[PDB]
Structure formats: C-alpha cells, structure tokens
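What follows is a deposited structure in which one can find flurbiprofen.
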Amino acid sequence: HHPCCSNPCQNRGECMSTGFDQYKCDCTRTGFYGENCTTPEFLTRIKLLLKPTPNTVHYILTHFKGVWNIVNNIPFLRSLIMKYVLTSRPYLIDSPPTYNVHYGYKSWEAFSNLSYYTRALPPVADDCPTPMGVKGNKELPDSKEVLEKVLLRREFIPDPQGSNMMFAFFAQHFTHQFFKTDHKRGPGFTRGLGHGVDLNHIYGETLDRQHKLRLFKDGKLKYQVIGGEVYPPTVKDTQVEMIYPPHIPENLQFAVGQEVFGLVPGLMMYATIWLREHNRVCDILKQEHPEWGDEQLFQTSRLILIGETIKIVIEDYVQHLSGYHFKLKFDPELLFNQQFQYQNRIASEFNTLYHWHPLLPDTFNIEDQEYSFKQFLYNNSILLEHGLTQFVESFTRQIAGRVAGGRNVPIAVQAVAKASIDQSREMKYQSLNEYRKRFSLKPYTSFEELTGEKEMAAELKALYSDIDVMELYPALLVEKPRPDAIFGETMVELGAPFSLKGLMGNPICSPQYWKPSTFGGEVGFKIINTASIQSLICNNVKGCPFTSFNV
Amino acid sequence: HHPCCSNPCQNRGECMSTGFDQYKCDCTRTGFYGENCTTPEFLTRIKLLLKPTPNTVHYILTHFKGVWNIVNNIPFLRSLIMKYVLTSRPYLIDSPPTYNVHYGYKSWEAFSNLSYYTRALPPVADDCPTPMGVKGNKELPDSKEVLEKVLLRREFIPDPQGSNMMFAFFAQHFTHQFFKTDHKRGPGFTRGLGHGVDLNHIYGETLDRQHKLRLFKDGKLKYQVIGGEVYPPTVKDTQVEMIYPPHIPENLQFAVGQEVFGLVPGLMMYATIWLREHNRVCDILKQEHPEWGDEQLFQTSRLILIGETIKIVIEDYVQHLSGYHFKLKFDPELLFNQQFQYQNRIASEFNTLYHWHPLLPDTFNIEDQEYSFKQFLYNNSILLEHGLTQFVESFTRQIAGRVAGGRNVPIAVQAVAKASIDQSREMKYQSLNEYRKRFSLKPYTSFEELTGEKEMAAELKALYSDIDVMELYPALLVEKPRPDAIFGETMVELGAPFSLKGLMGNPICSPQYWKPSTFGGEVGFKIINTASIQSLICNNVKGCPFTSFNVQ
Ligand code: COH
Ligand code: COH
Ligand SMILES: *[C@@H]1O[C@H](CO)[C@@H](O[C@@H]2O[C@H](CO)[C@@H](O[C@@H]3O[C@H](CO)[C@@H](O)[C@H](O)[C@@H]3O)[C@H](O)[C@H]2NC(C)=O)[C@H](O)[C@H]1NC(C)=O
Ligand SMILES: *[C@@H]1O[C@H](CO)[C@@H](O[C@@H]2O[C@H](CO)[C@@H](O)[C@H](O)[C@H]2NC(C)=O)[C@H](O)[C@H]1NC(C)=O
Ligand SMILES: CCCCCCCCO[C@@H]1O[C@H](CO)[C@@H](O)[C@H](O)[C@H]1O
Ligand SMILES: CCCCCCCCO[C@@H]1O[C@H](CO)[C@@H](O)[C@H](O)[C@H]1O
Ligand SMILES: C[C@H](C(=O)O)c1ccc(-c2ccccc2)c(F)c1
Ligand SMILES: C[C@H](C(=O)O)c1ccc(-c2ccccc2)c(F)c1
Ligand SMILES: *[C@@H]1O[C@H](CO)[C@@H](O)[C@H](O)[C@H]1NC(C)=O
Ligand SMILES: *[C@@H]1O[C@H](CO)[C@@H](O)[C@H](O)[C@H]1NC(C)=O
Ligand SMILES: *[C@@H]1O[C@H](CO)[C@@H](O)[C@H](O)[C@H]1NC(C)=O
Ligand SMILES: *[C@@H]1O[C@H](CO)[C@@H](O)[C@H](O)[C@H]1NC(C)=O
C-alpha cells in the first residue's frame, strides 16, 4: 500500500513515495528538519516557546471588557490589532491552492480546474489498509450509530451566545453563494466557479441567468409588486430555472440568483431584502450619475453590494459569533503593506465545517405561529402572509441552537447530517487530529478531552476505539464548547482562516479596486463603509424594524 | 459626449463622469493630486528628479561588460540586481486585472470573465468625437496607407542584435499558448483561459483534448515513429482537431496541443521537441518512482516542463533580446520576501506588441534549400525530409529581421499586419503617447523624435497630423531602435512588465509549489533549474547540434 498512509510528515511537511515501501518528507520552509520534519530549528524553538494557545488568546479577547472598551476608541490601537488578525489567520491557507479530492499531490489539473473544491489536507490514498490511513479498524463505525448516539437532538439546546434566526438564515444565505456542491459530479465538486463573495446567489452564476433577472433599465433587477411590496419575479416571467417541488404554484415560484433559495422562506426573505438593496443603490447612483447608462449602474451597484456584504459579514456577523469584546473593522488598507494574495479557492473542509445543522430550531416561530419543518419548507406563502417586517421582528427574537456540545441536530434533518459524515468518508477526509495539527493545534489525547465530559466520550470510544481516527465533522458538533460559547476550539481555529481569506481575498479589497471611483464616487463608497445588518433592514424593510444577530 | 474622452487624468489617476459635461479624477495612491492629478506631492517630486530614464538604465545594462562580469559572479549582487528587476517591472500591471474591451470602468464582469483579454488602458468611449478621444482628425489614416508607406518591407533588414530563426520560432511557439485570439467573438477575446504559461499548446486547452493526446502509459503523450524518428501522432489516430488544408496527407497531419501549429514547420519543430522532452522526463520519473501511476507521472512531467519553459524563457530568451551584459536569473525565492500577486491576466496590448512579423525572413533556408512562404506553409514534409537535426543547424545560422526601425514587414504577411491595425481600432485602443505615459515614459513631442529619421516621420505627419494620436502598433515597428538593437524604448518598457508578470505569476513560483516534492523530488527539480535552450535540443534532437538564439 501507499507509503504515506500513516501521515508520517509533521509540521506542514510534504510526503512523497520514494519506492513501493519508502517515503521522503519535504521539510522546506517549515522551520523543522529531520526524517519526519520533527526536529525544530533554533528560531522555531523560540517561536513555539512564546506562542500562546488559542484558548488563552480567546480568554483575553472575551474578558477585560472595560479595557477593550478603551482600546476600541483608539483608532491607532484598533487598526494595529485588526491588522494582526487579518494577516496571521489566512497565512494557514495555501494560496495558490494545492490539493483536491482527486489529487493528493500538486498538479496543474488541481490548480486550474475550478470545478473542484480545493483541499486543506490531501485525501487518504485508496489502497490504505484502514480508512484513516493505518490506525483504527478495517472500517469506520456506522454513520447512523455515530449520528444517533452523539449528534441527534433530545432536548433543544439554545445557543448561550444568543444567536437568533436572523443569524442562522444569514449564515445559510451568505455561505450558499460559494457552497454549491455539484452533485452531478460528486461531493468534492462545486458549481460556484467564482470561489468567493461574488454575490452570484443574487445575480446568478452565468451571464444568461443574470440577464434574465435584469430589467435593463436604470441598472435594476426585475421584480414584482404584491400588495405594495417589492418581491422577486417569477419563474414564468423570467424563465429562470428554480428548484421547486411540482406542486408549488406558479405565482409562488420566485426567481433569484440561487436555484435553491425557493425551498426555505428564511432564505427568500434575505433574497428579497438584497434585491431591494440593489435597486435602492441604483436609485442613489442615478442621481449621482444621471449620465450613466443601465449597464454601468448595474455593475457599480454589484460592486457596492459585494462591499456591503463583506462589511456586514465582518463587523456584524463575525463580530457576533466570535464573542470578542474587541471591535472588528473592515479596512483593506491594513493589508496594503503586508504580503497577501488577493485570490481564493473554496476548500471542501471549509464547506464541511459550516454544516451548522444544530443551529436550526424545532419549529419556526413567526408572529403567533409555530411552523414545523414540513410546514415551513417550500412554503413561500408564509412570507407573503406575515410580510418581511414580521419575519425580521420574529426572527430577531427567536434563539438558535448550540452548534458544538453534542446532541443538538434536529431529527428533521438527520438525513443531511448523516450525509455530511458519509460524504466526508467518500471524499476520504483525514482524521480530526490531522486537521488540528494542520492548523497549529495540539491533538486530542482522549475522547473525554474532546467532549469535555464522560457520557458522550464513552459512546465515541466504543465506536472509534482510537482518538487518532475520530472523524472531523462529528467532532466539531460534539466538541467541548468555549465557556458559554457556540463553538469549540477546532471550529474557530479552522473556520477563521478560511473565512477571512475568502473575505479579504476579494479583488475589491485590492488597492487598485479600493477607490471611490470604483464605486461611482465618494457617495457609493460611503455606502459600503457605513453598511450594517441593521441598516440593510432599515433601508429595505417597511417600518425599519430593529434587528441584530443576538437576542 | 463622455467628459473623459480627452483623458484629463494623469499619473495613473482614474477618470469618472460626474455629469453630462463634468469629470472627476481619482488620485488615490498616485503620488499626485489636483483636478487632473498633476500636482506632485513632496516625496513624489523628489522621486521624479532622482529617477533615471529607461534609456539611461539601458545604457548601463548594455555597457561596462567588465563590471557586469564581476557582478554576474557575485551571487549576492546578481540576486540583488535580479530581485529589483522582478519587483520594479510587474508593478505597472493591474493585478487583480481591471478593464477590458467592453468595460472602461471596473466591474465584476470584467474581472470574472476569463474569455476577455484584459486591458492596461481602458478603451476610448464610443461617443467620442475623434477615434483617439478629442485630438486629431475625425478619421484615422487609411490602414493600408500606413502599412505600405512605413511598415511593408522594401529590402530585408537583418536584426543587428543577431537574433536567428530559433529565436523567432521560439517566440511564436511559446507566446501562442496565451495569445489564442477567439475570432468567433472578437479580437478582445481569448481561448487561453489559463492566461499564462500552462503549456496548453503542448497538452491541450481542455481535458477532453488532453486525453486524446495522452498515451495513458508511463505518463507519456501519444506519438508516432517515422523513419526511426519520433513525431507527434496524426489527427486520424487521436481524433484531435487541427487546422489543415484538405489536401494534406493523413500521415502529415500532426496533432498537438495547439490547433494552429501545423501551419508552419518551425512550430512543429518545437512541438516535436517538447513532445520528446515530456516523454523523456516521464522515463526519468518512472525510474525514480517505479511505484507511481500513469496519472502522477503525467502531471508531474507537466509541472517540470512548465518549470523548464519559464527557466529557458528568462535565462536564454529574454536574456538574448534584452541585450544586457547582466546575467538574468530564474529564482522564485527572490520574491518570497516581497509583495507579489501570483496571478496573471493576458492583456490585449501585450498581444498587439508581440506581433513581431518583421522577424520573418524572405525565405526559409533549410540545408541547401530556400523555401518561400507558399512552399513553407502547412508543409510538414519539409520537417520529415530534412529532420529536426538539420532544422536546428539551419535555423541557428539563419538571421532574423529587425522588428523596430520601420519598413521590415514581409509582404507575405501584410494582411496580418494590417489586421493588427484594424483590430486595434475595433478594440478602440488609446494612442501611443497615452500608453507611454501609462508606463512612465515621456510622450513623443514629434514624429521625428519617434522614428529618429525624416522620411517615415514626414509620411506619418501627413497621415496622422498630430503626434498625440499616433497609433500604438505601427509606432512600435517604426520606432527608433536602441543602438544596434531589435526594439525601441516603448517595446521594452511595455513588454518587460507584461512578460515578467506572466512568468513569475505562475503558481509553481509560489512558496507552496516551489519545492522538490512538487516535481517528484530532487531529480525533477534539477531538470528545471539546469534547463536551457541548448539542453532542450541536446536531449531531444539526434546528434545534439549546437543551438542558440543568436547567430554569432
Ligand atoms: C449555516 C447555517 C445553515 C442553516 C441555517 C441550514 C439550514 C438547513 C435547512 C432548513 C432551514 C435545511 C432543510 C437544510 C438541509 C441541507 N443543508 Co443546511 N443549513 C446550514 C448550513 C449548510 C451548509 C453551509 C451546507 C453546504 C451546501 C453544499 O452545497 O454542500 C448545507 C447543506 C445542506 C443540504 C445539502 C446536502 C449536503 O450537501 O450535505 C441540505 C439538504 N447546509 N439545511
Ligand atoms: C511573435 C512572433 C510571431 C511570428 C514569428 C509570427 C509569424 C506568423 C506567420 C509565419 C509563417 C504566419 C502565417 C502568421 C499569421 C498569423 N499571425 Co502571427 N506571428 C507572431 C506573433 C503573432 C501574435 C502575438 C498574434 C496574435 C494572436 C491573436 O490572437 O491575435 C499573431 C496573429 C496571427 C494570426 C491570427 C489571425 C489573425 O490575426 O489574422 C495569423 C493567421 N501572430 N504569423
Ligand atoms: C464572457 O463575455 C462574453 C461576451 O459578453 C459572453 O458571451 C456572450 O454570451 C451571451 C449569453 O451567454 C450571448 O448573448 C446572446 O443571448 C441570447 C439569448 O436571448 C441569444 O439568443 C444570442 O444568440 C446570444 O447567445 C452573447 O452573444 C455572447 N457573446 C459572445 C461574444 O460570445 C460569455 O458568456 C461571458 N462568459 C461567461 C462565463 O459568462
Ligand atoms: C474538471 O474536472 C472534471 C472532472 O474530472 C471534468 O469533467 C469531466 O470532463 C470529461 C471530458 O469533458 C468527461 O468525460 C467527464 O465525464 C467529466 N467528469 C465529470 C465528473 O464531470 C472537467 O472537464 C474539468 N474541467 C475542465 C475545464 O477541463
Ligand atoms: C542598473 C540596474 C537597473 C535595474 C535593472 C532592471 C531595469 C529596471 O528598469 C526600471 O523599471 C521601472 C518599472 O518598470 C521603470 O519605472 C524605470 O523607468 C526603469 O528604469
Ligand atoms: C514593397 C512594398 C512597397 C509598397 C510602397 C507603396 C506605397 C509607397 O510608399 C512610398 O515608398 C517610397 C519608397 O519606399 C518611400 O520613399 C515613401 O516614403 C513612401 O511613401
Ligand atoms: C475574528 C475571529 C478571529 O479569530 O479572527 C473569528 C472567529 C471566528 C470566525 C469564524 C467564522 C466562520 C466560521 C468559523 C469561524 C472567524 F472568521 C473569525
Ligand atoms: C529583463 C528585461 C527588463 O528590462 O526587465 C526585459 C524583460 C522582458 C522583455 C521583453 C519585452 C517584450 C517582449 C518580451 C520580453 C525585455 F525586452 C526586457
Ligand atoms: C518517523 O516516522 C516513522 C513512522 O511514523 C517512524 O517509524 C520513525 O521512527 C520516525 N523517525 C524519526 C526520526 O522520528
Ligand atoms: C403553508 O403555509 C400556510 C400558512 O401561510 C399554511 O396554511 C399551509 O398549510 C402550508 N402548506 C403546507 C404544505 O404546509
Ligand atoms: C485639467 O485638464 C483640462 C483638460 O485636460 C484642462 O482644461 C484644465 O485646465 C486642467 N486643470 C488643471 C488644474 O490643470
Ligand atoms: C513541400 O515541401 C517539399 C519539400 O519537402 C516540396 O517538394 C513540395 O513542393 C512542397 N509542397 C508545396 C505545395 O509547395
């Protein structure tokens, strides 16, 4: 079998077979040398001697609120800290991208083919004796057993950080512009060739789709007015293909950038809000530039909204889920004097860790109703009955479930959770501890160390037998959470590099793009830099309901 | 009309309409300010004074050989000098890219659509009064007149820098992997979606085409053996689409990565050489890695050949045409501590300046024969009859034509040269002086300053009237060349940023790629770092003939 099955190379060392039963570790620029890249250089010794654990770092950022309140009001200090954040995090990401599900070695096919999800770790070889390499049994435990014993939800466990349905649906809406698995090819393939924040879930992936959605007047998108309320156009009107069950009436088949947003009313809420925002920005640009044609108005509006999105994702979305008292800032200028690649490739592992199924509630409470999953799915008539204002008000005050901590995946979506396990195995993912070492984290020595308790830990120990073969995805959901937090250590320390790299790697953050002229002047520029989740709702939802990602 | 037609914004400032008859300049990080970004900041004002002209720098680089001889042998100095080159040159290129033929403002369409050539300067607005904006006559001079009066060859003018046919055919073969104009859409579009050195002219643009060219054994490419010599396979054998006249014999319809390389036996020479080189590297890798499969042997060989290409293009190709006494070096590490974007988008202007038609001779001299254009086109039997060895010996000895200086475009390719002017107007290029300012060059204040002579300058004066509306492409071919050189200032100062950007902007030059493991260990890595145009011919051509980009 393949000589590199045991994953012998440490500290980001590259493994290569040198014969049928021998290997060689490439230790170039790792700071280590030796057969297995384990002997540290002198400077490396000092660095590891001063490098604080992510847990101690998280402690500092989540305590001393008064001190942080002082720091946040010092523009120099605020910029200084945020600069370090935006540099150290994406450093853990290979850019240009390297491996994918078919290539455990670097190749031109892996690099050039945008249909692939890239891979932060190469897949386990096909001829390996055990599914994880050489450790563990001949087969992984039944995904159904892992599912039912430590993942499925008994009592609903609310998020202690206070995340609401606005957060949960925003996450689902935002991430599904770059998480679009090409299931015709397999789980390791994507339909989102933009590999980032291009807002294709609003404008469409292809140019044909975009043009069917556009009004070609004033740079706006097509829309319908129902009861004085602007909503997305229909499939019949645009001939834009959408995924709907055959029993869905023609009038309720809204056409949006993403082909699946019709299936969940929460997604359609944001789709309507963002469509309204695009046309709102067109109005603003038109009286700034009465000479501009339809095409430039549309294109400039898209760039502003892309900037709006990144602005909101960092200073509201990421600000909330991090729990830091420090005030995050979206400022591309911080990276102008640093080494940084303004490009991005979506990693399969980024996708897998973002399957936040425990976030979902048991019922969706709107106004005075409690819709089940069966009642909620495909049901856009719910959106029309209550309206966006009621949706925002209701979802702002409905709490979400805890992601980590185990046993909080709703039974309604158990098939999806089982698929995340099965497809991780299908794509030959490496073990949890391999991904922890990949991201500068200390491996777990026991299951009790992973869960932070005894009951679930014993369940897993009887399933996997070895902590070194524990799978990544079910680990993220049963991981011991940070104190009163929604996530555990692995989730944050893996997701943060992936996220920030995708956000800052956008070309509009490059210095040749980050100009007022890119966004039609200072006015359009200020739209991006003053954007927020509250303003997004206040501008586009009747009555300006209060909203946030907490309470 | 559009209030930015006159191009009022200077020093990389960005123009924007604010009304029907008002504009605004964005002077962000230009080093300048004021309405037109013309008032220099104090630091900028100092930099301008202390900055030596490109001609001054060219003099130093092409003189004091005794000093460069010392510099080239002091690894710290050589690297330091090379480190400056690799940092100063690509800095003039927008990366991530910006404009294209359809967008004179930044948009997500222009950034994301890889079917476009990108643009260093935005196109002239459609509603502008004159073709170049506001200056000049209502119409540009007749393209045919410009062609015949100052471009077409009267008598053959040899390149004083000594470039041979090996150089000219390498230029055409190499650059036609990223210059693949999609004429089904327009001249502003490309079929090379890789936008750089990916060797699709060897392996094919699509996976479907690649798999028809592959042997699927030992990682090798399919081939045929004719008279003991290894040649590319046929169209019939691989079902690979190639551009051939119907009357071409089946066995002579060679199938390679690029559809148009059957057009001329000079291109098929290099295609055959690179085909053999790939299968040679396969043999070496199969020896080092008996455990490896066909797919890994193929992919790793490709990365190595990409490395070889960038290595040769820098240290032999660019080294030759530069004329520098300084010894250029291909070392990705020089940028590891620098700010550099490992990405590239092929500019339409890079394409236009690379139309080095004057390089072509009146006849193609192989052995004792002198084939004409009509006899040479689509005639691979010449390649077979003489063999690669005689091809290399003959082409190493035959001189090439001077590109700059005017009147050296062969009549046989006059239609191509004319098309370069017509298409540049369709794509609405800005003037020569606009592209000179864009790349930190002083604008030509007269046609005589441009040509360095009087006869062509006078003709150009009667045709264009204004020097500020002189076109880019014909100016590159009539420009006063550097002393005994092949190019003029504008060709180098525009070409060097573009070239070096695409070369170092390759992913294999990135820290995560630049490792022995990437190329199958130390052995594959050594193939790259010792590659040369001589080694390429020596390993893959029978008899190992001496070869060079210079006749000497
Ligand atoms: C982050 C928040 C979030 C939420 C609120 C959410 C809410 C819901 C929801 C009803 C509200 C339903 C019916 C589903 C059901 C599904 N989810 Co999510 N999901 C979420 C995160 C994700 C992500 C991220 C993906 C990856 C998409 C992809 O293409 O793989 C995903 C994938 C899926 C899939 C595709 C299967 C797969 O590729 O594994 C289904 C089906 N699910 N989910
Ligand atoms: C760099 C050296 C070089 C040489 C030696 C050379 C020699 C020759 C040659 C020799 C027998 C022939 C028959 C042609 C003929 C052509 N040239 Co060139 N060309 C060269 C560089 C280019 C470039 C660069 C383009 C632009 C490609 C495009 O997409 O427009 C080009 C375009 C073309 C095209 C594309 C269609 C068109 O624009 O009309 C043809 C056909 N040609 N050329
Ligand atoms: C990159 O840009 C090019 C040029 O804009 C895009 O090609 C263009 O594609 C559109 C639609 O895909 C073509 O428009 C027309 O649509 C109508 C539909 O009613 C149809 O009847 C026409 O025959 C035509 O298809 C347009 O002609 C075409 N232009 C060119 C020059 O090919 C290309 O799609 C863009 N790339 C991506 C990935 O979107
Ligand atoms: C990226 O890779 C995919 C999968 O290897 C390629 O899709 C294959 O294309 C070939 C030839 O067109 C087909 O025979 C296969 O059936 C396809 N496989 C799948 C899973 O779809 C795709 O062509 C590659 N992308 C590019 C641009 O070449
Ligand atoms: C004597 C050593 C000179 C350095 C060798 C590389 C030549 C650098 O050339 C410089 O490049 C800059 C950007 O392209 C231009 O702005 C300068 O005008 C030019 O002098
Ligand atoms: C071989 C192709 C030559 C075509 C020339 C036709 C256009 C006439 O061009 C004239 O040719 C003369 C001699 O070259 C020059 O002295 C004139 O400056 C030029 O205008
Ligand atoms: C700001 C903070 C940080 O550590 O820098 C932080 C914390 C968490 C995330 C994060 C975002 C999405 C999924 C998982 C983690 C993130 F993207 C950034
Ligand atoms: C290395 C040297 C430089 O001045 O940096 C240099 C680099 C590139 C070119 C060059 C110019 C036009 C086409 C292809 C290459 C050139 F003519 C000179
Ligand atoms: C390297 O790793 C292999 C297997 O993981 C082990 O057998 C060997 O002893 C290690 N060598 C060193 C020097 O750590
Ligand atoms: C959809 O929601 C409406 C409430 O607006 C409800 O009356 C109806 O029964 C739902 N449909 C399904 C199939 O659950
Ligand atoms: C800017 O340029 C325009 C035309 O190019 C000119 O009329 C105007 O006087 C210039 N303004 C300044 C301050 O130089
Ligand atoms: C092709 O080249 C051969 C020499 O190998 C020559 O005899 C023949 O006439 C050429 N064909 C044409 C059509 O010119």
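By convention in this document, chain letters (A, B, ...) are assigned in the order of the sequence lines, proteins followed by strands, and residues within each chain are numbered from 1. Remember, it's 1-based here, ligands and their atoms both numbered in the order they're listed. Computation of the quantities below employed the complete heavy-atom set of this structure, encompassing side-chain atoms and omitting hydrogens, waters and symmetry-equivalent molecules. Method of determination (from the header): X-ray crystallography, 2.6 Å.
- Looking across the whole structure, one can locate flurbiprofen at ligands 7 and 8.
- This structure shows the largest set of contacts to flurbiprofen (ligand 7) coming from the chain UniProt labels Prostaglandin G/H synthase 2.
- The heavy-atom neighbours of flurbiprofen (ligand 7) at a 4.0 Å cut-off, by chain: A.
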